[PDB]
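Here we have a structure that includes vaborbactam (bound form).
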Amino acid sequence: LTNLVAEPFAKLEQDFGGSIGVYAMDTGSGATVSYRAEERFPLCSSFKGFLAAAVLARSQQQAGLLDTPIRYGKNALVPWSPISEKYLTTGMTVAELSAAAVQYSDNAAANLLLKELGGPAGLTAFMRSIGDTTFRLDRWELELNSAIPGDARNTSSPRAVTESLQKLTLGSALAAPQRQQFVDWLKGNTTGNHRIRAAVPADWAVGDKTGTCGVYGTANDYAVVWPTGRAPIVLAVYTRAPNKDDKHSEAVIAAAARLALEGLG
Ligand SMILES: *[B@@]1([O])O[C]([C]C([O])=O)[C][C][C]1[N]C(=O)[C]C1=[C][C]=[C]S1
């Protein structure tokens, strides 16, 4: 029979002029909401959350890695580096670069941290090591953002994103001190006020990571949500659209997140 849970998501994507992918897990009950959950969508800047987690994992066994100053020059800067552009002569620690990448989507900080892992291949290998077979990243900023329809490079699925997010924020993929730092970085994100955060009651807590490729209507958000009186919810909302000049929509992301939270048992 027709999937009645799915119908309002299909209407939402049709109104948007593209495709929406959603996965949500109630970690209390095991309930889920799923819509195109296993389809691939471009990661865009949402990869930077997993980047910071991979650096935290490395930091467990490399004493003082997170505390290490990185002295970079202007050759490291690229567009949308509002934090990094301020520390050319003072540097930033690995922890500070991680916070910038997570909480401001700083592009230069992301590329500096990719270098610490052995590039996009190194981050992909970390994701394989936690059991994520879907995540693919093979470019640096800005090239990973092209988001061309049918290109599986630099993509993941809403379900894989959510599964990996739960392992890293609530499960055992990081040691507790590192898990906690990842949570605190996500909670302090500044870029997501119009996406999943706009979908929750104001008294719920949220940690999230956004991404915006912009072209091909492509943008996303994933989050861990601590609802009043409930176990955490983990969810991912990704969008794409067929034409290069199609515009992404924050409001559509928020609307999809609301339907997920409503449908979720
Ligand atoms: B990233 O894909 O997304 C960031 C914004 C976000 O977290 O939602 C900005 C940096 C990356 N994108 C780009 O460099 C292109 C941009 C899109 C809108 C602002 S910059």
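Residue indices begin at 1 and follow the sequence shown. Worth knowing before you read on, the calculation uses all heavy atoms, side chains too, and leaves out hydrogens, waters and symmetry mates. Counting starts at 1 for both ligands and their atoms, following the listed order.
Here the macromolecule bound to vaborbactam (bound form, ligand 1) with the most contacts is known in the PDB entry as Carbapenem-hydrolyzing beta-lactamase KPC. Under 4.0 angstrom from vaborbactam (bound form, ligand 1), the non-hydrogen atoms of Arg195 all belong to its side chain. The shortest contact between atom 19 (C) of vaborbactam (bound form, ligand 1) and any protein heavy atom is with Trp80 CZ3, 3.6 Å. Counting only non-hydrogen atoms, the option in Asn189, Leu142, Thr210, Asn145 that gets closest to atom 6 (C) of vaborbactam (bound form, ligand 1) is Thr210. Only side-chain heavy atoms of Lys48 come within less than 4.0 Å of vaborbactam (bound form, ligand 1); its backbone N, CA, C and O stay farther off. Annotation for vaborbactam (bound form, ligand 1): atoms under 4.0 Å from non-hydrogen atoms of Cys44 are 2 (O). Summary of contacts: the protein heavy atom closest to atom 14 (O) of vaborbactam (bound form, ligand 1) is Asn107 ND2, 3.0 Å. Listed in the PDB entry as the source organism of chain A is Klebsiella pneumoniae. Note: vaborbactam (bound form, ligand 1), covalent bond at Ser45 OG. Heavy-atom distances between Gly214 and vaborbactam (bound form, ligand 1) stay at or above 4.0 Å for every pair. Against a heavy-atom cut-off of under 4.0 Å, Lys209 is close to the following atoms of vaborbactam (bound form, ligand 1): 7 (O). The heavy atom nearest to atom 12 (N) of vaborbactam (bound form, ligand 1), considering only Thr212, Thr190, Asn220, is found in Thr212. Measured by heavy atoms, vaborbactam (bound form, ligand 1) lies under 4.0 Å from these UniProt beta-lactam-binding residues of chain A: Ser45, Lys48, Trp80, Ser105, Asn107, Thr210, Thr212. Between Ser105 and vaborbactam (bound form, ligand 1), at least one N/O pair is under 3.5 Å apart.
For atom 3 (O) of vaborbactam (bound form, ligand 1), the closest non-hydrogen atom of the protein is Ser45 OG, 2.4 Å.
The heavy-atom binding site of vaborbactam (bound form, ligand 1) at 4.0 Å consists of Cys44, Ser45, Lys48, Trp80, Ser105, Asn107, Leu142, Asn145, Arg195, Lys209, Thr210, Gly211, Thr212.
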Identify all N/O pairs between vaborbactam (bound form, ligand 1) and the protein with a separation under 3.5 Å and present them as a table of atom names and distances.
| from | atom 1 | to | atom 2 | distance (Å) |
| --- | --- | --- | --- | --- |
| vaborbactam (bound form, ligand 1) | 2 (O) | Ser45 | N | 2.7 |
| vaborbactam (bound form, ligand 1) | 2 (O) | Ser45 | OG | 2.4 |
| vaborbactam (bound form, ligand 1) | 2 (O) | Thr212 | N | 3.3 |
| vaborbactam (bound form, ligand 1) | 2 (O) | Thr212 | O | 2.9 |
| vaborbactam (bound form, ligand 1) | 3 (O) | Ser45 | OG | 2.4 |
| vaborbactam (bound form, ligand 1) | 3 (O) | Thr212 | N | 3.1 |
| vaborbactam (bound form, ligand 1) | 3 (O) | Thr212 | O | 3.4 |
| vaborbactam (bound form, ligand 1) | 7 (O) | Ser105 | OG | 2.7 |
| vaborbactam (bound form, ligand 1) | 7 (O) | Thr210 | O | 3.3 |
| vaborbactam (bound form, ligand 1) | 7 (O) | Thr210 | OG1 | 2.5 |
| vaborbactam (bound form, ligand 1) | 8 (O) | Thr210 | OG1 | 3.2 |
| vaborbactam (bound form, ligand 1) | 8 (O) | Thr212 | N | 3.3 |
| vaborbactam (bound form, ligand 1) | 8 (O) | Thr212 | OG1 | 2.6 |
| vaborbactam (bound form, ligand 1) | 12 (N) | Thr212 | O | 3.2 |
| vaborbactam (bound form, ligand 1) | 14 (O) | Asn107 | ND2 | 3.0 |

